[PDB]
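Pictured: Beta-lactamase, co-complexed with avibactam (bound form).
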Amino acid sequence: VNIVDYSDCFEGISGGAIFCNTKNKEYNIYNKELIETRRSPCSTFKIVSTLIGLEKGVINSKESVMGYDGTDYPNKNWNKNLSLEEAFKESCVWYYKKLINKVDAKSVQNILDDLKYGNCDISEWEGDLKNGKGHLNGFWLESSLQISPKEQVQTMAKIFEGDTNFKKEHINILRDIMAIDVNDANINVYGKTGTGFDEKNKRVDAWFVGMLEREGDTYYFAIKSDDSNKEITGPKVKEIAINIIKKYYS
Ligand SMILES: *C(=O)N1C[C@H](NOS(=O)(=O)O)CC[C@H]1C(N)=O
C-alpha cells in the first residue's frame, strides 16, 4: 500500500484515486480518507446492473433491446429502441430503470451482498423522489445505496478476475461495452463515469471506475471527486483519470 500524490493531475479539483494490481498486490492511493468514504455510485452502477440483467435473462447480448415506447427525452439518442451497448454508452436512464424494475428486490439484494457492494442498501428502491424527477430515479442515484472508491475497485477486481458466479459470457459483454479509446494502443482502458450532486453536503459525486490492462498487468481503479463546484462531472473526472493513467501507468 503506497500513498501517492496525484494532485498535479487533478488540476485543483478535490478528489482522490485508487489503483490496485491484484497480482503483485500493489495498492496505490491518493487521498486515503476520500478513497474509504462511501458515496452514491450514480451511473457507475450500470456496471453491476448490466450483469444483473444478463444473469436474470432480462437482456442477453450487447444487441438486446428493452422495448422503447416512444416517450420524448431531451437526449436524442434516448428516443429510440437502443441496444444494450448504446444504452450503456449513452447512459440511457429509462433503459436501465426498465431493466432493473423487471428484477425482484431479493435477487438484487443477494447479488449486492455477494459482491460486497458497499452498504448494499436498496431500501429506497424508487430513489430520491424529492428531486422531482419521478421515474428517472433509483436507489443507485444519490439515494440509499453507497459504496466507497476502494470498494468499487474491490468489486471490479472480483468480477473481472472471474471470482464471482456471473457467466464468463456476460463478463465479456461488459468488458466489450466498457472499453474506451484513449489514443494509446499499448494500454487497454475500460470504465464508466457517474455524476450526481450530494444535496446534503453540497458536493458533487463524480466518478470514473474501471480497469487498465498493460502487458500482462491489470490495474483496477476508481477516481472520485467530491468538489463543491457543480461543473465537476463524471466526464471531467474521466479526463483526470486518463491523465493519471498516461502519466503514471504507461
Ligand atoms: C449517471 O450518473 N447519470 C446518468 C447520466 N450519465 O451520467 S454520466 O455522464 O456521468 O455517465 C446523466 C447523469 C446521471 C443522472 N443524473 O442520472
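Note that chain A is numbered according to the PDB entry, with residues 60-309 shown in order. Whatever order the structure lists ligands and atoms in, that order sets their numbers, starting from 1. Only heavy atoms go into these numbers, but all of them, side chains included; no hydrogens, no water, no symmetry mates.
For atom 7 (O) of avibactam (bound form), the nearest non-hydrogen atom from the set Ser102, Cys151, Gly255 belongs to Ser102. At least one heavy atom of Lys251 lies less than 4.0 angstrom from avibactam (bound form).
Counting protein heavy atoms only, atom 14 (C) of avibactam (bound form) is closest to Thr254 O, 3.4 Å.
In this deposit, the organism assigned to chain A is Clostridioides difficile. Interface atoms of avibactam (bound form) facing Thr252, defined by a heavy-atom separation under 4.0 Å, are 8 (S), 9 (O), 10 (O), 11 (O). Annotation: atom 16 (N) of avibactam (bound form) to nearest protein heavy atom, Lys192 NZ, 3.9 Å. Residue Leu200 touches avibactam (bound form) through its side chain alone, judged by heavy-atom distances below 4.0 Å. With ligand atoms numbered from 1 in the order given, avibactam (bound form) contributes 2 (O), 10 (O) to contacts under 4.0 Å with heavy atoms of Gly253.
Proximity of atom 12 (C) of avibactam (bound form) to the protein is not indicated, since no non-hydrogen protein atom lies closer than 4.0 angstrom. Numbered from 1 in the order shown, with element, the atoms of avibactam (bound form) that lie under 4.0 Å from a heavy atom of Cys101 read 2 (O).
Covalent bonding of avibactam (bound form), as deposited, involves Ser102 OG. The binding-site residues for avibactam (bound form) (non-hydrogen atoms, 4.0 Å) are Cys101, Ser102, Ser150, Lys192, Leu200, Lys251, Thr252, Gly253, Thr254, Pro294.
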What short N/O contacts, under 3.5 Å, does avibactam (bound form) make with the protein, listed by atom pair and distance?
unit_1, atom_1, unit_2, atom_2, d
avibactam (bound form), 2 (O), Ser102, N, 2.7
avibactam (bound form), 2 (O), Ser102, OG, 2.2
avibactam (bound form), 2 (O), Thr254, N, 3.0
avibactam (bound form), 2 (O), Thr254, O, 3.3
avibactam (bound form), 3 (N), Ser102, OG, 2.3
avibactam (bound form), 6 (N), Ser150, OG, 3.1
avibactam (bound form), 7 (O), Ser102, OG, 3.4
avibactam (bound form), 10 (O), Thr252, OG1, 3.4
avibactam (bound form), 10 (O), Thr254, N, 3.3
avibactam (bound form), 10 (O), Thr254, OG1, 2.7
avibactam (bound form), 11 (O), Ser150, OG, 3.4
avibactam (bound form), 11 (O), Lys251, NZ, 2.9
avibactam (bound form), 11 (O), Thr252, O, 3.4
avibactam (bound form), 11 (O), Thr252, OG1, 2.5

